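Chain A residue numbers are taken from the PDB entry; in order, the displayed residues are 2-404. For this deposited structure, the header notes the method as X-ray crystallography, 2.3 Å. All ligand and atom numbering here is 1-based and tracks the order in the structure.
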Amino acid sequence: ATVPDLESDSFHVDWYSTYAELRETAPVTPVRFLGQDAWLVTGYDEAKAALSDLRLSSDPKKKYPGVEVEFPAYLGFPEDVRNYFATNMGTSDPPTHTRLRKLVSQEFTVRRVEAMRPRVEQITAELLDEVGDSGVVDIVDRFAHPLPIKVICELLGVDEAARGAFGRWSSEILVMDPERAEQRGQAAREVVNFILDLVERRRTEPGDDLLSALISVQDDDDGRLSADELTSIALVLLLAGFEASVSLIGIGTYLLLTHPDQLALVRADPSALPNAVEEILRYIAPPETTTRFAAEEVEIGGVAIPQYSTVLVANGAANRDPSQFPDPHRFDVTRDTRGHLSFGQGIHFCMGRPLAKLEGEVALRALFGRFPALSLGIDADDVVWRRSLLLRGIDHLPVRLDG
Ligand code: HEM
Ligand SMILES: CC(=O)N1CCN(c2ccc(OC[C@H]3CO[C@](Cn4ccnc4)(c4ccc(Cl)cc4Cl)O3)cc2)CC1
């Protein structure tokens, strides 16, 4: 047989056409990625089933007798830094996942997120004040990127001289290219060091930020976060804030720009924006694939996935399955986006959803409300998509402001 290589351009060039080809053939198929065998789930019901099946583990630290598996997200990571990237919610199974998420939810609340709205709006304004009212700028470098970064650094207590460097490290981590495994491995060690110092300074000089809060947080029955847990959680929260929202803002900007009809609806009806963000996420989900490990043999969509297999649930392909979303290839701000898998499903549902939504809505609202003539600086076909199945995105998007 012929087995798909997730590394081929087929998974980075007009890739939603490949996903449809696979899904129509077999919703759960064996593939190859980074020179390793895995199972790609492209169908909606299959993705949902897999995400809900706890026999499919999210913990990369677990050792199985005779099995030695290296999951793609940890390409080139030395075991010690891997552990630092994997001692948090998303890399745990119950009951560890349960308490870690419980303790963090006590401080990472909707109240804390909502309380930052004026600041998020203030930051958005300033950024837009300095881009100009005429010419072609890189809306990603000048807007989509700095906004999320300033927000997360304030939430976490990351100073000005720290950002930027950290940024080039997380960008490297986003690519899983076997030829750069060393460089990727190095950037991961830098991020881990950075975080170690951040937490150390924070313990020494307390404040009212989220990190300070996580350090003192404790529960009667669950106790507190150990040093390692605290470190890994911080690294993971900082990582998400630095990259997740950028993809949303940038992709969102590109979609509204390429869909005048949809944009106009938003402009006319501001109350339409919240669901517009939901459609953007469903259309081109940043976390294209999520990973699971079959601790036991599991049957998904009529296919038995052998024990000790690595499953790549393609959240993005699932969002374009006609059985769930009719005319999935149609970007429609009015569509019923209920049930999409861009924020996860089950126990690992994205806990940063409130923050992502706030930043996304405020940003696009300001961008488009401020520049009623905003247009794309390049040919839509010439847009370069980041080659990452971990977090899809656009690193450079030239837009013309005045016309
Ligand atoms: C557009 C933005 C975002 C998208 C599309 C997104 C997507 C996801 C997905 C798909 C998962 C589930 C992973 C899995 O099932 O393996 C997840 C988990 C998570 N996300 Fe996000 N996320 C976004 C923003 C953020 C932000 C901004 C934060 C935090 C500051 C965040 C923090 C997390 C955390 C901590 C988890 C793990 C939850 C758990 O395992 O219980 N995410 N996110
Ligand atoms: C077994 C195995 O290999 N697994 C199982 C665990 N899975 C998993 C899922 C989510 C997860 O989230 C951690 C948090 C920290 O940031 C994110 C990514 N992100 C962005 C928005 N929401 C999530 C993230 C995650 C991984 C990487 Cl490399 C980069 C990034 Cl920015 O997830 C961490 C691990 C996937 C890997």
Specify the drug or drug candidate modeled at ligand 2. ketoconazole
Looking at contacts alone, what is the main macromolecule next to ketoconazole, by its name in the PDB entry? cytochrome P450 107A1
So if I count the atoms of ketoconazole from 1 in the order they appear, which ones are less than 4.0 Å from some heavy atom of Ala245? 20 (C), 21 (C)
Under-4.0 Å protein heavy-atom contact, atom 7 (N) of ketoconazole: yes
Considering all protein heavy atoms, does one lie under 4.0 Å from atom 18 (C) of ketoconazole? no
Considering all protein heavy atoms, does one lie under 4.0 Å from atom 13 (C) of ketoconazole? yes
Looking at atom 32 (O) of ketoconazole, would you say a protein heavy atom lies below 4.0 Å from it? no
Flag: protein heavy atom within less than 4.0 Å of atom 23 (C) of ketoconazole: no
Origin organism of chain A per PDB: Saccharopolyspora erythraea
Closest non-hydrogen protein atom to atom 11 (C) of ketoconazole, residue and atom name please, with distance? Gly91 CA, 4.1 Å
Using a 4.0 Å cut-off to any heavy atom of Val237, which atoms of ketoconazole qualify? 13 (C), 14 (C), 15 (C), 16 (O)
Binding-site residues: ketoconazole, 4.0 Å heavy-atom cut-off: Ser59, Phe72, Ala74, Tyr75, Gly91, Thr92, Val237, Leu240, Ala241, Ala245, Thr292, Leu391
